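A look at one PDB structure holding raltitrexed.
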Amino acid sequence: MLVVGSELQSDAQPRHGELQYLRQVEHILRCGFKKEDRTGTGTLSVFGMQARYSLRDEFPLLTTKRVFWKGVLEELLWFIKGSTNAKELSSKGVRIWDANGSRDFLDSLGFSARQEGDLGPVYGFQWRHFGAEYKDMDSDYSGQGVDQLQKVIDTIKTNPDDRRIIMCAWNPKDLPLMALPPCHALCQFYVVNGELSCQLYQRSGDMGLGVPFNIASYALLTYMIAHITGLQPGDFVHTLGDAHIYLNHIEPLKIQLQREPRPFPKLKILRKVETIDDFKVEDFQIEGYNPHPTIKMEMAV
Amino acid sequence: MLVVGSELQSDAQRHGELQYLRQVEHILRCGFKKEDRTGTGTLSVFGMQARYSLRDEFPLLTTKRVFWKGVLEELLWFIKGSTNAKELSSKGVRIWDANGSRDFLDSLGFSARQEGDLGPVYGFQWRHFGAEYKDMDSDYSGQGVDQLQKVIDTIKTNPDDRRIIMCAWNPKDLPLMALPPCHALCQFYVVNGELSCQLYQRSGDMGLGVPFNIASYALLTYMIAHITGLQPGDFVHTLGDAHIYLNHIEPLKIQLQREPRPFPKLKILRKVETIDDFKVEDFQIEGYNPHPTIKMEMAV
Ligand SMILES: Cc1nc(=O)c2cc(CN(C)c3ccc(C(=O)N[C@@H](CCC(=O)O)C(=O)O)s3)ccc2[nH]1
Ligand SMILES: Cc1nc(=O)c2cc(CN(C)c3ccc(C(=O)N[C@@H](CCC(=O)O)C(=O)O)s3)ccc2[nH]1
Ligand SMILES: O=c1ccn([C@H]2C[C@H](O)[C@@H](COP(=O)(O)O)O2)c(=O)[nH]1
Ligand SMILES: O=c1ccn([C@H]2C[C@H](O)[C@@H](COP(=O)(O)O)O2)c(=O)[nH]1
């Protein structure tokens, strides 16, 4: 039968961050329903989940399997620069978007004429140029559309009480040009007691592959914005729509659920950075990260 | 102290209604003081979720009567694409009149705008996302993305799709809105022939708007389930800044001591084929035996 580490206890929906994730996995295995999907693989699925990860002197990079930190960091810097060229990320040894920008994938979507790598008007473009007319991944979009990311930063500084501190990549007008509509549809920031928190609405979560990387990604973004606004990191709240385990991840996750978590690492920012675009890979240091080995989770395409 | 009905038990995230009451309890117990736009002040928590079954019941709160006439009229008004508060007010539903008032509009710099013109809010975004807003009574036929109809068509053709979203949050249009949407987006989901809906609500006035909003999205899900031949499943309510305005604390403490009753049922009285064809007379709420309304003032 399904056997799990004794520390999970009740999986039913802060402290002990990693257990929040492992309990969601357990809950989907135990209570999820079979749901067919776009890729033809099949999933077990639950609709509507929420987990809270404290960011207060800890950073939620999972320890029950090693997570691809280099990729998390490169990807987020790539978003920040407004990039939608998967080849530019791949040149940093981070190949996570290559499959979606491939000649054969793009062709399957009917995007014959665009260049390989061109993901269309996805996060980088929507976060920094929302509403601008997308042309291609090489076009200069300087001063075009809404720079949501800077606006969030400016609002946190001037009116931290504001309940409208949102960055949204879901753009119905642009959806048909995207190689993958965004899994992270929107995030909201919140300030109380000198702490910055972030909530992600993730419409679709591949619990074995993307979700651990995604948690680390928004935790990092929150650390970055906290740094620039002179706040301390608070909580990362992870909300999921279709939370799913692909059938070929069931056995790998069952290995993972039996591993003892270790304490989370810390993230250090190594200098005073004044603006979000000035961050560089050399500015960050993960300390004390002691994960169990990688478990291969294949990507369904 | 805070005293509450015995059936709430643990407020940590039987009845669907108890999940609302437990949220309210939780904010009073654990919430932090936070100042706000209206000047009123709140007790606040960031990030909550609750799940309301829609299976042979309808989540209209029984611990305090909820303005059902207004829920229904408002949703019909959204579906028509309207952003004109006067057209809702004419139905006896005044819930948007303050936001559309001469004085409030002027407070935002919209002195040249007609009273009642809420800007490019829900009706416009749901039916015309991406179109260029002019004014509330302009002709937007065929302009922008009809997200509502796209949702319905996707549920019919590809119920497993993980992209079935309607989003009112439009960064380009926000400066023209009299109030940026409290309901930023919603997502639909299908499994085992049941339709569920999740709402992302960025800001929830727990005393006033949130009970009304719960009923709004439940009703939407009932409508869409009907048109698509599915059964209603769950309504999942997700909150950003979940707050209690200071002048609602004592009214909500009254509420929390009332005994919940079973939820009512919602009946759809005829076969309706298109979303646009629903009318007030197509619905009946049966078995609604609430405790009396508690006045919760609207801030700003
Ligand atoms: C079905 C699917 N699931 C996903 O999670 C997904 C994620 C992305 C983008 N993304 C956010 C990521 C893609 C791959 C990642 C990753 O962490 N890879 C690790 C582990 C690989 C493995 O275990 O197979 C690595 O490459 O080392 S993180 C794109 C398409 C997707 N499609
Ligand atoms: C601060 C604020 N809180 C709100 O909840 C809010 C809600 C709307 C829109 N909306 C969705 C609603 C407004 C009023 C409602 C309502 O249920 N009214 C009842 C109860 C009134 C009362 O208790 O004072 C009614 O009119 O009978 S529902 C607009 C601005 C807002 N502003
Ligand atoms: O950062 C991301 C990008 C995507 N996905 C997953 C969710 C789905 O398994 C798949 C996207 O497929 P659709 O939901 O669009 O079908 O990738 C993630 O988990 N995180
Ligand atoms: O349907 C709605 C509309 C608004 N609000 C509340 C939340 C806030 O109390 C207020 C909006 O104020 P801001 O969050 O925009 O400041 O109205 C709701 O609860 N539901």
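The chains referred to below are lettered A, B, ... by the order of the sequence lines, with proteins before strands, and numbering in each begins at 1. One-based numbering, in listed order, for ligands and for the atoms of each. The figures here come from the full heavy-atom set of this structure, side chains too, leaving out hydrogens, waters and symmetry mates.
For raltitrexed, every matching ligand or chain, copies included, can be listed as ligands 1 and 2. The chain forming the most contacts with raltitrexed (ligand 2) in this entry appears in the PDB entry as Thymidylate synthase. At a heavy-atom cut-off of 4.0 Å, other chains contacting raltitrexed (ligand 2): B. Closest to atom 12 (C) of raltitrexed (ligand 2), if we only count protein heavy atoms, is B:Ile95 CB, 3.9 Å. Of all protein heavy atoms, the one closest to atom 11 (C) of raltitrexed (ligand 2) is B:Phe212 CD2, 3.5 Å. Polar contact with raltitrexed (ligand 2): present for B:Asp205 (N/O pair, distance under 3.5 Å).
Among protein heavy atoms, atom 1 (C) of raltitrexed (ligand 2) sits closest to B:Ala299 O, 3.3 Å. If you check each of B:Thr38, B:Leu208, B:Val93 against atom 15 (C) of raltitrexed (ligand 2), the one with the closest non-hydrogen atom is B:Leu208.
Counting only non-hydrogen atoms, the residues of chain B annotated by UniProt as dUMP-binding that lie closer than 4.0 Å to raltitrexed (ligand 2) amount to B:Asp205, B:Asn213, B:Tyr245.
For raltitrexed (ligand 2), the atoms sitting less than 4.0 Å from at least one non-hydrogen atom of B:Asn99 are 30 (C), numbered in the order shown with element in parentheses. The protein heavy atom nearest to atom 5 (O) of raltitrexed (ligand 2) is B:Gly209 N, 2.9 Å. When only interatomic distances are considered, the shortest N/O to N/O separation between B:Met296 and raltitrexed (ligand 2) falls below 3.5 Å.
Near B:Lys295, the atoms of raltitrexed (ligand 2) lying under 4.0 angstrom from a non-hydrogen atom of the residue are 23 (O), 24 (O). Residue B:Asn213 has at least one heavy-atom neighbour below 4.0 Å for each of these atoms of raltitrexed (ligand 2): 11 (C). Annotation for raltitrexed (ligand 2): atoms under 4.0 Å from non-hydrogen atoms of B:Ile294 are 23 (O). The nearest protein atom to atom 13 (C) of raltitrexed (ligand 2), hydrogens excluded, is given as B:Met298 CE, 3.3 Å; this is a heavy-atom distance. Heavy-atom distances to 1 Å put the closest UniProt active-site residue of chain B relative to raltitrexed (ligand 2) at B:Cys182, 6 Å.
Of the protein's non-hydrogen atoms, the one nearest atom 26 (O) of raltitrexed (ligand 2) is B:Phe67 CD2, 3.8 Å. At a 4.0 Å cut-off, not a single heavy atom of B:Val210 sits close enough to raltitrexed (ligand 2) to count as contact. Of all protein heavy atoms, the one closest to atom 29 (C) of raltitrexed (ligand 2) is B:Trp96 CZ3, 3.6 Å. By chain and number, the binding site of raltitrexed (ligand 2) at a non-hydrogen cut-off of 4.0 Å is B:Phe67, B:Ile95, B:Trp96, B:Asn99, B:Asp205, B:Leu208, B:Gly209, B:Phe212, B:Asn213, B:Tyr245, B:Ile294, B:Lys295, B:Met296, B:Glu297, B:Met298, B:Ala299.
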For raltitrexed (ligand 2), list every N/O pair with the protein closer than 3.5 Å, one pair per line with the distance.
| unit_1 | atom_1 | unit_2 | atom_2 | d |
| --- | --- | --- | --- | --- |
| raltitrexed (ligand 2) | 3 (N) | B:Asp205 | OD2 | 2.8 |
| raltitrexed (ligand 2) | 5 (O) | B:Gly209 | N | 2.9 |
| raltitrexed (ligand 2) | 23 (O) | B:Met296 | N | 2.7 |
| raltitrexed (ligand 2) | 23 (O) | B:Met296 | O | 3.0 |
| raltitrexed (ligand 2) | 24 (O) | B:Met296 | O | 2.4 |

